[PDB]
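Caption: hyoscyamine together with Hyoscyamine 6-beta-hydroxylase, bound form.
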Amino acid sequence: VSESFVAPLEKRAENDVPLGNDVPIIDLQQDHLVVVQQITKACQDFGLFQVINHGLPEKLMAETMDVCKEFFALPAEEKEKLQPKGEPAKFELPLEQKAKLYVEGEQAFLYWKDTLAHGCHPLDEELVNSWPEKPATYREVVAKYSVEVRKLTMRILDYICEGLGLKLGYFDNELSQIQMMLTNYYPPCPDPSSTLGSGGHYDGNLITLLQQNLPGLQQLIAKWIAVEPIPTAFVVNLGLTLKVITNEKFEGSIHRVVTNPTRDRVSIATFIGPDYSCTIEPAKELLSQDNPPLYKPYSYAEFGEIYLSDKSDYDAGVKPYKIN
Ligand SMILES: CN1[C@@H]2CC[C@H]1C[C@@H](OC(=O)[C@H](CO)c1ccccc1)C2
Ligand SMILES: O=C(O)CCC(=O)C(=O)O
Ligand SMILES: [Fe+2]
Ligand SMILES: [Sr+2]
Ligand SMILES: [Sr+2]
């Protein structure tokens, strides 16, 4: 592989990462209180769990994976239409909601990944008109998927509210206003020992729902485990923003993606979180002398700039705001 994609020795993935047998798989059609308790335990102990019987149509999940794979099969001449000034966009502020293809790495090497990203909320003609023109059915399918994934995310956030003792709808406001859909394409890699599909990270936002069909996702528990792909499940990743708002009562998910020498992989990640204008702080309702705030209030925009640039540590984004 090109030296551009060679990860530092210490960040390279071990060849035989064991299956995460303790990754919670939570049936959302259990009794209400059982679902609240199981989600609460997973959030406190792991920060990553899967949800099944989640009420999002399996047919729509399959149709969305199909049109996302069809997009990445498009020829160069079509993909160039999403490359501003002839190259992929960077994950940097301002992060626009119009569809673009993105490159990503650490500042230095590149991740073995192409990412299509666009905003999904609120859905209006202006936003959907800025989405991919091809495939023809992308806009129709992903509009429906967007609404359904948001519905499921807001259900999970209200289970989280009951678990924390926050009023229902606590996150149904500026804290969930941005919905970025990242479709990740991992082409086959001639040397998986040297490369990463995605470097180890927290998702910086509030909560992320990840749809996957194939292996490659790994979680840090300095031990890495493999997250079993369940094609009809969503992987729920708690973000660094939720870690801060819960005053570390919940864990954030630290995860990475490894490359494969034989086959490509598409994942669909729905990133829900605050507007860039938001102030982030530990929920005052949960604070006391027994539970003092571990973070001072901060600008999400200021956090965002550090989070997207500084990868010296997983929580480099929030280190400046740590107190007590
Ligand atoms: C693998 N990388 C990680 C996670 C996804 C991908 C791109 C980047 O994450 C984002 O762009 C998200 C979008 O909501 C973001 C942006 C600013 C603040 C909080 C979150 C870093
Ligand atoms: O491809 C995956 O399974 C993970 C994607 C991811 O973590 C991300 O886009 O932030
Ligand atoms: Fe992620
Ligand atoms: Sr180009
Ligand atoms: Sr357009």
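Sequential numbering from 1 along the given sequence is applied to the chain's residues. As the structure lists them, so they are numbered: ligands from 1, and atoms in each ligand from 1. According to its header, this structure was worked out by X-ray crystallography, 1.5 Å. Below, each value reflects all heavy atoms present in this structure, side chains not excepted, and no hydrogens, waters or symmetry copies.
Counting all copies, hyoscyamine can be found at ligand 1. The residues of other chains having a heavy atom under 4.0 Å from hyoscyamine (ligand 1) are listed as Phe91, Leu95, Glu104, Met180, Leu182, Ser198, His201, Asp203, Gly204, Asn205, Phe271, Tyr300, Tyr307, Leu308.
Nearest to atom 7 (C) of hyoscyamine (ligand 1) among the protein's heavy atoms is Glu104 OE2, 3.5 Å. In terms of protein heavy-atom proximity, atom 15 (C) of hyoscyamine (ligand 1) is closest to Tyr307 CE2, 4.1 Å.
The protein heavy atom nearest to atom 14 (O) of hyoscyamine (ligand 1) is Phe271 CB, 3.7 Å. Taking every heavy atom of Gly204 and a limit of under 4.0 angstrom, the matching atoms of hyoscyamine (ligand 1) come to 19 (C). Of all atoms in hyoscyamine (ligand 1), numbered sequentially from 1 with element shown, those under 4.0 Å from a heavy atom of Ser198 are 1 (C). The protein heavy atom nearest to atom 11 (O) of hyoscyamine (ligand 1) is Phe91 CD2, 3.4 Å.
Looking from atom 18 (C) of hyoscyamine (ligand 1) to the surrounding protein, the closest heavy atom is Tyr300 OH, 3.6 Å.
Those atoms of hyoscyamine (ligand 1) that come under 4.0 Å of a heavy atom in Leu95, given as number and element, are 11 (O), 13 (C). Interface of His201 with hyoscyamine (ligand 1), defined as ligand atoms under 4.0 Å from a residue heavy atom, comprises 1 (C), 3 (C), 4 (C). Looking at atom 10 (C) of hyoscyamine (ligand 1), its nearest protein heavy atom turns out to be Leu308 CD2, 4.3 Å.
Organism of origin for chain A, per the PDB: Atropa belladonna.
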